[PDB]
Colleague: 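Model shown: Protein cereblon + S-pomalidomide.
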Amino acid sequence: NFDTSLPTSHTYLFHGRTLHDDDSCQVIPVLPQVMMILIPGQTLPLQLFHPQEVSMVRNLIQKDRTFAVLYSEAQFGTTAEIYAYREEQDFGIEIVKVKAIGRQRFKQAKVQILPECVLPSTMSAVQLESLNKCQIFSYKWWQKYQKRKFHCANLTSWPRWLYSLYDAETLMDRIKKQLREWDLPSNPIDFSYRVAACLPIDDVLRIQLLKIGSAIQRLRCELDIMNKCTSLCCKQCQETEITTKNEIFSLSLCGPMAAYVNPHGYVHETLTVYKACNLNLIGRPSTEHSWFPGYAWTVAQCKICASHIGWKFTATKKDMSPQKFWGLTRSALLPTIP
Amino acid sequence: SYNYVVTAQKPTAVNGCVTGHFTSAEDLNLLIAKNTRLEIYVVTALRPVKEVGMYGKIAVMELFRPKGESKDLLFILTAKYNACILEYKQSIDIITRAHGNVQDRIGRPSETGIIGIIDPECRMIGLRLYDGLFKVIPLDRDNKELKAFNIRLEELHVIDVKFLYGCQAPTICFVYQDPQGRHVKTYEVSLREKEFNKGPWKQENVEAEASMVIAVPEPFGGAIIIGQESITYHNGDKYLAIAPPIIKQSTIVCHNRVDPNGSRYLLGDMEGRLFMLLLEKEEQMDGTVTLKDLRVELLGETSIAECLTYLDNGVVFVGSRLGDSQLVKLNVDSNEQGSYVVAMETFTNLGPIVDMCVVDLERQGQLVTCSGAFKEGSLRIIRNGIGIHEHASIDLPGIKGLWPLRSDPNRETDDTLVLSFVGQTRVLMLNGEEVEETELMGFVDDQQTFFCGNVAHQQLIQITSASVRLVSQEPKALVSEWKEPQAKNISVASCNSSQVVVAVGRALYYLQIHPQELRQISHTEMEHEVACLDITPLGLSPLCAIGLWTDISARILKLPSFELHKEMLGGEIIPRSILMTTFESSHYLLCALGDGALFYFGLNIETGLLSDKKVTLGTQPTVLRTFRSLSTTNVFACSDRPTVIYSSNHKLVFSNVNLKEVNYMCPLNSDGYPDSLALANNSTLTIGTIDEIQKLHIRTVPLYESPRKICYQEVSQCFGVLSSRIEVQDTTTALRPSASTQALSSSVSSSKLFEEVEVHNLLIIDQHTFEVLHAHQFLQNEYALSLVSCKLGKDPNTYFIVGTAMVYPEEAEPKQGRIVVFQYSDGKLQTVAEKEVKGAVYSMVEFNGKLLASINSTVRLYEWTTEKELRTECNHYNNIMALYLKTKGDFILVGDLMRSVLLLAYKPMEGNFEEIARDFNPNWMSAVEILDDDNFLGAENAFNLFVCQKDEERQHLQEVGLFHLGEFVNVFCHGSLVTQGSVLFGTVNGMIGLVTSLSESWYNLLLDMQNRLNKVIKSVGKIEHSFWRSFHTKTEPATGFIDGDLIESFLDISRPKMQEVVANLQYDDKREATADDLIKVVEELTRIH
Amino acid sequence: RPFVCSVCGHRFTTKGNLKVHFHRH
Ligand SMILES: Nc1cccc2c1C(=O)N([C@H]1CCC(=O)NC1=O)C2=O
Ligand SMILES: [Zn+2]
Ligand SMILES: [Zn+2]
């Protein structure tokens, strides 16, 4: 195949340890002209040109090295921490390139950290003391798990199989099988945020999971989308099918979707799929600043409305795997239940 | 909103048990802990001593004896990390020697929960609270604050941990698990260095499911490892391992050491089996012995064990949570029979109340609960009243009267019971407990008797419908007889020690009782035929109480003038009984009508003026009678629902008697039945003692399967109970005959739509006999979820409707279900209509003639058509799982296990639902209810209750009530056992409680009352009541609730503490309140349950 | 074709043609 670790290292373009404790009030910079909904753990590359910004970062290195990313204007956002930085002055154009990663959700910005709401198991309240000793333990293993972990359901008014539908470990596995389908973290908090950034949804649905504070409600709601959103259409003209779930595959290590900068600093969360229909290709395949080294990109736009949906990527070697794939920018898509 | 909670039944399940020497170094105690309660017994060949209630959930209960101390001390740790060390003092108090909160700021609670262990030398107390930390409490005599230091545990996932016997320093031995499997490790705990030192030994590849560590005492040393298959012993480099076959069927979950040498242990199964693990020793070539092998013998079956303890005389206490606790005796395997077990005593445990319902059965409504699980599953009927311990029964129907009689004039004790009938009279004699009907020489046995008994001048009397007879004690014979001059019939009679006022129709006559004569005195007419009389002295009576048939009034007549004070009753129905008696200090009069009313007035036995109050007591006529209880006589009111009438704080109180209908009664102090009562009803005479107070009475109906839901159907006089039994794969093979298999008539679903296994049935259980009348078994892999009784549409029949869910193991979220409408007529249950549904019917409640069923995330509203079917007229979809359904009129309360609640309303002009409000505060929620149109009650995680109020963007609910209950609530239902409204709730621990709404005038009073009682009352572990009741998970102080168990303890503190509380109080009717103001107020609150 | 859009990579020949396409963003 191809090096699945190449796209996440942003080759085409630091021990991070500053966290703010929950519910605090912090004053954090917000970068001009950045528009995206950023998720804890999601990776964000940037390219800044105005000396305003270039000053903010050069001095931002001192202390926090963390800025705020925000829109419906904006009620919530997420702190992003710079983990890598180069100051390039090539062609006589001073550019500052940074790679930040989302850390904390919050409600210069006066900003209140939103706590990640962590709850014990459904059983930690009703668990028999005698059975405490048994709480630590190819799919019958899950029937065993269900029978032994949720044994004390018999003390309550609902069955084992209900408490199972709110069990982080179980839910993560149910999500995993779909994530396996087109080939991750162990902490439910992390898992729910990793697949949140993988899920190709629209700005209004992304704010929903961001508003969700609990891992359990995040994983559950995330399972709904994965069943209910089989098709993906052109956002502009609405009624035009571009690709399906079947075609989604994770070319990048992080997932089928990550954030990528073009040379002018615009961020594109592009989704890698094998097949894509009803697109026209314009211009000539080019490797200049390609986010997938080895492939050339050609601009693809919706057959009907001409609105730029993403790019078709083609191999440059005749021995490469996934010789042709489509990369679709998330802002251009609309999930549909056919 | 301001509500009021109070424990209606203390918890019954046992958290843990431990014996020792606590009350005195010479006694042997058994200490039992039931959630927020602690029992102290003294072992005999079990004597209660002291029950105390802590302000915490008892999580760690261990005894220990420090060096140079008289008796053992008790260490207690609540679930809120309240540590305390207690001592017994003899009237009886339990003091706190050292206390403190051992909670840490940072740290994640461990997955195996709290574990508290004490070293054998009582140097230190070791507590496992969080992953990676081990908190040590030096037991120094000067450590009254329980100061403690933490140690780094690089072993994060610990299963169990105990202290090892026989070591040069305190040493732990714990089983933990890392990616490399399971292991066992030992650590030397340094009191000085405050760190860990490498222990005497550790092991690798400890068995796969090791869960229990036992510490063998000094004879051998080392520890024992209990697993799913193997039992293994370690000691230094010694190793023994057996995998006996007699344990492979289920898991050992509780153990207890029998003898101090560690030779014999007791192992408790999860399915209730009782084993004894035995060590076997071997003589060594230089002194002490050496362990050689381990044996296990199945002693038998007990209740599903949770804690185990061995009392000295071969008697085991079986502390259970799913079933009743036990005292079981074990017989050593003897030539005669293999070691077997037999239970001596049984202790009531309401178990894990899964569901319940309130029912008016005897027409005070009693509570019937689904209790227990598996073979301990059962039904519990809980009635409230004064219970009567029966001592003898006699089959005589139609008793019209009852009188005690002393045939021996030299014997104070009674020995005769006279029974009247229609045109008949029977005289019974009492020699011990043998009753025999005989004749009384001088008494006539062919007339109805209206009165008889002992009168003055060493004589008897009998007032039949025809004559007033006077019989002599010595040589019993008639001496004088009063008969109506025109041969008219005596209609109403009344007599006492000296006076006799009979009454023929309108007229009535006044007689006096003298030696060998009955002298008439007064001949008087009346306006209207007389109906009741009383002539009780307060030895002679200077006044006579009468009631008139057509007047409908109670009168007071001076004797012998018969000159009227008076009051009027009103109505179209005549009085049936009237009585003048004395309560507390002041006098009274009581008159009861045919419709069941009961007027009572304050009487002046000098001025005859009666004053004042009336109350109804059933709808059948009431007959009043006086009996003696303690040194204050009470009034027994026979009727449809009998009731004891006493006075506490100069107010008449009516506590009902736990009996079916009673018609006539009389006290009876015989040789064989001393200080007893003779109760008479429509069929049987009963003799027995009577309790002094009103207590909770629990009838047990064993089901031997797990009952899960229950509803009542009055038109059929039976209950519908959802239950599930467990069956093996076989090749229909149950484990034990249960209620679903021992039904009178059994049916099977057989529908058109669509290793252990769960088999669900609908049990039809008689309300009177609690027979299993019918048991309809549902489909294979069908899980019954919701059950309701109701009438639908214009259909007059009452149907059992059940909501199910096809549970296949491969489908994570269920995708299909049923709504089955049953009808129980004759002796059979018929399937009337199915309704296939693409989801789980989690909840169903009747909705104004329609059926409101929840289906996964959908709330459906079905209609009941003339074709006898379910037609759908409405639907509503939600972003949550409609788990909870409660309604009232047109509001609908919907909620999921995530505490997120929705409030819907049926808009009738649109055939559609509108979302009125919404509140999402993610937490684990177990039960909800609707208090009124504005407030909603619920129980969320960490044993809490919350209330959400309604009062445009006011579609968001305000959190007005928060309260740490200490109990896991499973069900809310409306009703009481006879402040506004009443909501009962069941508990996993068996606790039963009550919530009632209050007015703001009273809430602030009882709030300031509580702030005063906390300054006074001495808590057990000195746990601040604010911290015990503080909302816990976040942590907030309580609001909107009043601890009724606190308000009710005002009557237990001494009288100085009472004034002390009411020092600067402004009461309502605004004056410096007094203790008696609050006693009569707090006592009024004890009568709502 | 040295005039490129700042979002996708579409190339044009005149500065005015690029202004036509960018107005669609
Ligand atoms: N060189 C330019 C110039 C203008 C705009 C873009 C690029 C460019 O390379 N990409 C994307 C194309 C798609 C890709 O793989 N990497 C990119 O940087 C642009 O949007
Ligand atoms: Zn289009
Ligand atoms: Zn463009």
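Residue numbering restarts at 1 for every chain, and letters A, B, ... go by the order of the sequence lines. How was it done? The header gives X-ray crystallography, 3.6 Å. In each ligand, atom 1 is the first atom listed, and ligand 1 is the first ligand listed. For the numbers below, each heavy atom of this structure counts, side chains included, while hydrogens, waters and symmetry mates do not.
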Colleague: Where in this structure can S-pomalidomide be found, counting every copy?
Modeller: ligand 1
Colleague: Enumerate the other chains with heavy atoms less than 4.0 Å from S-pomalidomide (ligand 1).
Modeller: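 The other chains with a heavy atom that near are A, C.
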Colleague: Do you know what name the PDB entry uses for chain C?
Modeller: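 It's listed in the entry as Sal-like protein 4.
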Colleague: Return the UniProt domain name for the region of chain A with most contacts to S-pomalidomide (ligand 1).
Modeller: cult
